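Entry overview - Carbonic anhydrase 2 with veralipride in place.
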Amino acid sequence: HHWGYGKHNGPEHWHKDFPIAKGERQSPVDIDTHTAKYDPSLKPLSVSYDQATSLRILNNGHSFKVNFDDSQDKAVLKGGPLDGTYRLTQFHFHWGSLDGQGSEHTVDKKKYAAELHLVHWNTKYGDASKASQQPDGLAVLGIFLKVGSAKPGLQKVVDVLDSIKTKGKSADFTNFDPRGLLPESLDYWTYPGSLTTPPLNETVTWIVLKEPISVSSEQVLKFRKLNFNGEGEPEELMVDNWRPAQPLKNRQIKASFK
Ligand SMILES: C=CCN1CCC[C@@H]1CNC(=O)c1cc(S(N)(=O)=O)cc(OC)c1OC
Ligand SMILES: [Zn+2]
(Lines of atoms letter the chains of each structure in order from A and count residues from 1; the text may use other names and numbers.)
(Lines give C-alpha, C1' and ligand atoms only; values in the text may rest on other atoms or scores of the structure.)
(Ligands and ions follow the chains in the order given, each with its own letter.)
Protein backbone atom coordinates (compact mmCIF):
# COMPACT_ATOMS: atom_id res chain seq x y z
CA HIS A 1 0.00 0.00 0.00
CA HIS A 2 2.63 2.60 -1.05
CA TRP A 3 1.97 6.26 -1.73
CA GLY A 4 0.56 7.62 -4.98
CA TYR A 5 -2.08 9.96 -6.35
CA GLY A 6 -5.23 7.76 -6.11
CA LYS A 7 -8.30 8.12 -3.82
CA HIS A 8 -6.81 5.53 -1.43
CA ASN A 9 -3.08 6.41 -1.44
CA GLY A 10 -3.06 10.07 -2.59
CA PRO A 11 -2.03 13.37 -0.97
CA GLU A 12 -4.81 13.30 1.70
CA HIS A 13 -3.29 10.01 2.98
CA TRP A 14 0.43 10.87 2.94
CA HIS A 15 0.51 12.38 6.47
CA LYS A 16 0.00 8.91 8.03
CA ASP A 17 3.45 7.64 6.77
CA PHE A 18 4.99 11.18 6.47
CA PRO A 19 3.62 13.37 9.31
CA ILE A 20 5.63 16.42 7.99
CA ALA A 21 2.82 16.53 5.34
CA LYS A 22 1.02 18.85 7.87
CA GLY A 23 4.22 20.89 8.59
CA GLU A 24 5.01 24.59 8.57
CA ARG A 25 6.97 24.66 5.25
CA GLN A 26 5.03 22.42 2.80
CA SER A 27 4.85 22.74 -1.00
CA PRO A 28 3.27 23.51 -3.33
CA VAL A 29 1.49 26.83 -2.43
CA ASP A 30 -0.79 29.28 -4.15
CA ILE A 31 1.23 32.29 -5.26
CA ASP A 32 -0.90 35.39 -4.44
CA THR A 33 0.68 37.84 -6.92
CA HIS A 34 -0.81 40.83 -5.04
CA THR A 35 0.73 39.69 -1.67
CA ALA A 36 4.17 38.65 -3.06
CA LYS A 37 6.58 41.54 -2.58
CA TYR A 38 9.37 42.66 -4.85
CA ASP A 39 12.67 41.97 -3.02
CA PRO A 40 15.50 44.34 -4.14
CA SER A 41 18.02 42.26 -2.06
CA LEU A 42 17.62 39.27 -4.52
CA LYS A 43 20.91 38.85 -6.51
CA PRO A 44 20.66 38.06 -10.25
CA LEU A 45 19.52 34.43 -10.96
CA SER A 46 22.12 32.32 -12.89
CA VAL A 47 20.78 29.23 -14.73
CA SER A 48 24.05 27.79 -16.22
CA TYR A 49 23.00 24.68 -18.22
CA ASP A 50 25.58 24.82 -21.17
CA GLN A 51 27.65 21.80 -19.90
CA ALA A 52 24.66 19.62 -18.88
CA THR A 53 25.11 15.80 -19.25
CA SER A 54 21.75 14.01 -19.39
CA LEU A 55 21.94 10.22 -18.81
CA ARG A 56 18.64 8.30 -18.70
CA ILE A 57 14.87 8.77 -18.71
CA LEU A 58 12.86 6.65 -16.23
CA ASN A 59 9.17 5.93 -15.48
CA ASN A 60 9.23 5.67 -11.62
CA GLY A 61 5.46 4.99 -11.37
CA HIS A 62 4.85 8.64 -10.22
CA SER A 63 6.28 10.67 -13.11
CA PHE A 64 9.07 10.34 -15.64
CA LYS A 65 12.49 11.57 -14.65
CA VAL A 66 15.54 12.65 -16.70
CA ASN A 67 18.75 12.34 -14.59
CA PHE A 68 22.05 14.22 -15.07
CA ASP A 69 25.70 13.56 -14.31
CA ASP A 70 26.16 15.67 -11.12
CA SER A 71 29.58 14.12 -10.19
CA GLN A 72 31.08 17.62 -11.01
CA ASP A 73 29.88 21.27 -11.57
CA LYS A 74 28.25 21.06 -15.03
CA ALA A 75 24.63 22.32 -15.09
CA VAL A 76 24.24 24.60 -12.01
CA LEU A 77 21.83 27.11 -10.49
CA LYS A 78 23.19 30.03 -8.43
CA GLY A 79 22.21 33.59 -7.41
CA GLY A 80 18.69 34.87 -6.76
CA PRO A 81 17.83 33.76 -3.23
CA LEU A 82 20.60 31.08 -3.22
CA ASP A 83 24.00 31.06 -1.47
CA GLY A 84 26.66 28.97 -3.31
CA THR A 85 26.26 26.36 -6.06
CA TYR A 86 23.39 23.96 -6.73
CA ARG A 87 23.90 21.12 -9.19
CA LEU A 88 21.11 19.89 -11.48
CA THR A 89 20.42 16.21 -10.69
CA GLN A 90 17.10 15.55 -12.47
CA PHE A 91 13.95 17.00 -13.98
CA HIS A 92 10.42 15.64 -14.03
CA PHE A 93 6.87 16.88 -14.63
CA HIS A 94 3.46 16.99 -13.04
CA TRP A 95 0.37 17.10 -15.29
CA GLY A 96 -3.38 16.71 -15.44
CA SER A 97 -6.14 14.72 -17.10
CA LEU A 98 -7.41 18.01 -18.71
CA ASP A 99 -5.55 21.16 -19.86
CA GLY A 100 -7.06 23.22 -16.92
CA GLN A 101 -5.24 21.26 -14.21
CA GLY A 102 -1.86 19.63 -13.65
CA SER A 103 0.37 22.20 -12.00
CA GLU A 104 1.34 21.97 -8.31
CA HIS A 105 1.89 25.69 -7.73
CA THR A 106 -1.03 27.95 -8.68
CA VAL A 107 -0.95 31.69 -9.49
CA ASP A 108 -3.91 33.61 -8.00
CA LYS A 109 -5.56 30.10 -7.81
CA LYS A 110 -4.95 29.51 -11.58
CA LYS A 111 -3.88 25.92 -12.39
CA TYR A 112 -1.64 25.31 -15.43
CA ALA A 113 -1.73 22.16 -17.61
CA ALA A 114 1.58 20.95 -16.18
CA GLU A 115 4.66 21.97 -14.15
CA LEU A 116 8.36 21.15 -14.84
CA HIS A 117 10.63 20.77 -11.81
CA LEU A 118 14.40 21.01 -12.28
CA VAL A 119 15.86 19.59 -9.02
CA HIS A 120 19.26 20.83 -7.74
CA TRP A 121 21.34 20.17 -4.62
CA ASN A 122 23.73 22.40 -2.64
CA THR A 123 27.32 21.22 -3.37
CA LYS A 124 28.39 22.43 0.20
CA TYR A 125 26.75 19.14 1.40
CA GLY A 126 28.80 16.91 -0.96
CA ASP A 127 25.98 14.63 -2.16
CA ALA A 128 22.26 14.89 -2.89
CA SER A 129 21.20 12.55 -0.03
CA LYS A 130 22.97 14.65 2.62
CA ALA A 131 21.75 17.86 0.92
CA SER A 132 18.11 16.62 0.89
CA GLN A 133 18.14 16.72 4.75
CA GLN A 134 19.43 20.35 5.17
CA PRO A 135 17.08 23.37 5.31
CA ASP A 136 19.09 25.00 2.45
CA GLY A 137 20.05 21.67 0.76
CA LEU A 138 17.80 21.67 -2.35
CA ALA A 139 16.57 24.21 -4.93
CA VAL A 140 13.82 23.41 -7.39
CA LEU A 141 13.29 25.58 -10.44
CA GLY A 142 9.57 25.32 -11.32
CA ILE A 143 8.24 26.21 -14.79
CA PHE A 144 4.55 26.21 -15.72
CA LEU A 145 3.32 24.70 -18.99
CA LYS A 146 0.29 26.06 -20.84
CA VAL A 147 -1.22 24.47 -23.93
CA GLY A 148 -0.76 26.50 -27.11
CA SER A 149 2.16 26.41 -29.59
CA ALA A 150 4.59 23.44 -29.46
CA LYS A 151 7.83 23.67 -27.46
CA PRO A 152 10.52 22.35 -29.84
CA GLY A 153 12.97 21.67 -26.93
CA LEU A 154 10.38 19.28 -25.36
CA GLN A 155 9.82 17.13 -28.47
CA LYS A 156 12.83 14.79 -27.85
CA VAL A 157 11.24 14.00 -24.41
CA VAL A 158 7.74 13.43 -25.87
CA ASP A 159 9.12 11.10 -28.59
CA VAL A 160 10.85 8.71 -26.11
CA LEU A 161 7.80 8.32 -23.75
CA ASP A 162 6.47 5.37 -25.88
CA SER A 163 9.68 3.48 -24.80
CA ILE A 164 9.03 3.98 -20.99
CA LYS A 165 5.24 3.48 -20.85
CA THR A 166 5.22 1.45 -17.58
CA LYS A 167 6.65 1.79 -14.07
CA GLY A 168 10.30 0.60 -13.90
CA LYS A 169 11.10 1.17 -17.62
CA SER A 170 14.14 3.37 -18.47
CA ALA A 171 15.86 4.42 -21.76
CA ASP A 172 19.12 6.12 -22.80
CA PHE A 173 18.56 9.90 -22.87
CA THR A 174 22.04 11.40 -23.55
CA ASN A 175 22.76 14.79 -25.18
CA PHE A 176 19.44 16.34 -24.10
CA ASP A 177 19.81 20.12 -23.53
CA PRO A 178 17.52 21.42 -20.75
CA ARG A 179 18.10 25.03 -21.94
CA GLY A 180 15.38 24.19 -24.56
CA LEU A 181 12.74 23.91 -21.76
CA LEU A 182 13.27 27.52 -20.40
CA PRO A 183 11.05 30.51 -21.16
CA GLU A 184 12.61 33.84 -22.32
CA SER A 185 12.26 35.56 -18.91
CA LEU A 186 13.85 34.50 -15.61
CA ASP A 187 11.41 36.68 -13.56
CA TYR A 188 10.49 34.49 -10.54
CA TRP A 189 8.82 34.08 -7.21
CA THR A 190 10.72 32.37 -4.37
CA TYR A 191 9.79 30.92 -0.99
CA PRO A 192 11.04 28.26 1.43
CA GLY A 193 9.21 24.93 1.03
CA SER A 194 9.45 21.18 0.66
CA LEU A 195 9.53 18.25 -1.68
CA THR A 196 5.97 17.82 -3.09
CA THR A 197 6.27 14.00 -2.88
CA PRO A 198 7.12 11.73 0.03
CA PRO A 199 9.23 12.03 2.09
CA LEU A 200 8.12 15.71 1.80
CA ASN A 201 11.43 17.00 3.29
CA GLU A 202 11.28 20.75 4.27
CA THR A 203 14.63 21.33 2.54
CA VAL A 204 13.72 23.14 -0.71
CA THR A 205 14.22 26.74 -1.84
CA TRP A 206 11.51 27.07 -4.51
CA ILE A 207 12.16 29.31 -7.52
CA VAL A 208 8.98 29.45 -9.66
CA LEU A 209 9.27 31.30 -13.00
CA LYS A 210 6.49 33.75 -13.79
CA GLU A 211 6.52 33.11 -17.58
CA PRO A 212 5.03 29.72 -18.56
CA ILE A 213 6.33 27.76 -21.55
CA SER A 214 3.81 26.91 -24.27
CA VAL A 215 3.55 23.25 -25.27
CA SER A 216 1.16 21.80 -27.83
CA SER A 217 -1.96 19.71 -27.11
CA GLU A 218 -0.19 16.84 -28.97
CA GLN A 219 2.83 17.11 -26.60
CA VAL A 220 0.76 16.99 -23.37
CA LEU A 221 -1.47 14.19 -24.80
CA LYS A 222 1.73 12.09 -25.00
CA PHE A 223 2.40 12.61 -21.24
CA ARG A 224 -1.15 11.29 -20.56
CA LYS A 225 -0.39 7.99 -22.41
CA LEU A 226 2.11 6.98 -19.71
CA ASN A 227 1.05 4.40 -17.10
CA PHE A 228 1.37 4.37 -13.28
CA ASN A 229 1.27 0.54 -13.41
CA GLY A 230 4.11 -1.86 -14.28
CA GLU A 231 4.24 -4.04 -17.49
CA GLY A 232 1.39 -6.62 -17.45
CA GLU A 233 -0.62 -5.03 -14.62
CA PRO A 234 -4.05 -3.38 -15.24
CA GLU A 235 -3.71 -0.03 -17.15
CA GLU A 236 -3.99 3.13 -14.96
CA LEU A 237 -3.14 6.23 -17.02
CA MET A 238 -0.43 8.44 -15.41
CA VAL A 239 -2.53 11.67 -15.12
CA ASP A 240 -3.19 14.08 -12.20
CA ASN A 241 0.16 13.32 -10.52
CA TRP A 242 0.12 16.69 -8.69
CA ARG A 243 -0.14 17.60 -5.01
CA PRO A 244 -2.56 20.48 -4.36
CA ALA A 245 -1.60 23.81 -2.76
CA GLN A 246 -0.70 23.60 0.96
CA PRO A 247 -1.07 26.23 3.69
CA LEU A 248 1.39 29.10 3.35
CA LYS A 249 1.53 29.46 7.21
CA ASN A 250 4.19 31.97 8.34
CA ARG A 251 5.91 32.37 4.96
CA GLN A 252 6.50 35.26 2.58
CA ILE A 253 6.72 34.78 -1.19
CA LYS A 254 9.26 37.24 -2.68
CA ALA A 255 9.19 38.46 -6.32
CA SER A 256 12.35 39.14 -8.35
CA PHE A 257 10.52 41.75 -10.47
CA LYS A 258 8.47 44.97 -9.96
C1 LIG B 1 17.78 11.34 -3.70
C2 LIG B 1 16.65 11.93 -3.23
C3 LIG B 1 16.30 13.37 -3.41
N4 LIG B 1 16.19 13.78 -4.83
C5 LIG B 1 16.56 15.19 -4.91
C6 LIG B 1 15.33 15.89 -4.40
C7 LIG B 1 14.18 15.06 -4.98
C8 LIG B 1 14.81 13.70 -5.34
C9 LIG B 1 14.11 12.52 -4.64
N10 LIG B 1 12.75 12.33 -5.11
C11 LIG B 1 12.42 12.38 -6.40
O12 LIG B 1 13.19 12.03 -7.28
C13 LIG B 1 11.09 12.97 -6.75
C14 LIG B 1 10.93 14.32 -6.45
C15 LIG B 1 9.77 14.98 -6.83
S16 LIG B 1 9.48 16.63 -6.30
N17 LIG B 1 8.15 17.16 -7.00
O18 LIG B 1 10.60 17.40 -6.74
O19 LIG B 1 9.26 16.58 -4.89
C20 LIG B 1 8.77 14.34 -7.54
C21 LIG B 1 8.91 13.02 -7.86
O22 LIG B 1 8.03 12.36 -8.68
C23 LIG B 1 6.75 12.94 -8.89
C24 LIG B 1 10.05 12.31 -7.42
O25 LIG B 1 10.10 10.93 -7.57
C26 LIG B 1 9.03 10.29 -6.86
ZN1 LIG C 1 7.99 17.74 -8.78
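Numbering of residues begins at 1 and proceeds along the displayed sequence. Numbering of ligands and ligand atoms starts at 1, following listing order. FYI, side chains are in, hydrogens and waters are out, and symmetry mates aren't considered; it's all heavy atoms of this structure.
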>> Quick one: which ligands or chains go with veralipride?
In response: ligand 1
> For chain A, which residue flagged by UniProt as active site has the shortest heavy-atom distance to veralipride, and what is that distance to 1 Å?
Replying inline: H62, 4 Å
> N/O of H92 under 3.5 Å from N/O of veralipride, yes or no?
Replying inline: yes
>> Can you report which non-hydrogen protein atom sits closest to atom 7 (C) of veralipride, along with the distance?
In response: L195 CD2, 3.7 Å
> Any non-hydrogen protein atom below 4.0 Å of atom 5 (C) of veralipride?
Replying inline: yes
>> I'm curious whether veralipride gets near the natural ligand site - which UniProt Zn(2+)-binding residues in chain A have a heavy atom within 4.0 Å of it?
In response: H92, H94, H117
> What is the overlap between the substrate-binding residues UniProt gives for chain A and the residues having a heavy atom closer than 4.0 Å to veralipride?
Replying inline: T196, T197
> Can any other ligand or ion be found under 4.0 Å from veralipride?
Replying inline: ligand 2 (zinc ion)
>> Starting from atom 25 (O) of veralipride, what is the nearest protein heavy atom, named by residue and atom, and what distance separates them?
In response: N60 ND2, 3.1 Å
> Does veralipride have any atom sitting under 4.0 Å from a heavy atom of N241?
Replying inline: no
>> Any protein heavy atom at under 4.0 Å, with atom 11 (C) of veralipride as the reference point?
In response: yes
> Most residues of chain A in contact with veralipride fall within which UniProt domain?
Replying inline: Alpha-carbonic anhydrase
>> Is there a polar contact, in the sense of an N or O pair closer than 3.5 Å, between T197 and veralipride?
In response: yes
> Which residues of other chains have a non-hydrogen atom closer than 4.0 Å to veralipride?
Replying inline: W3, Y5, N60, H62, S63, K65, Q90, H92, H94, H117, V119, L138, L195, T196, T197
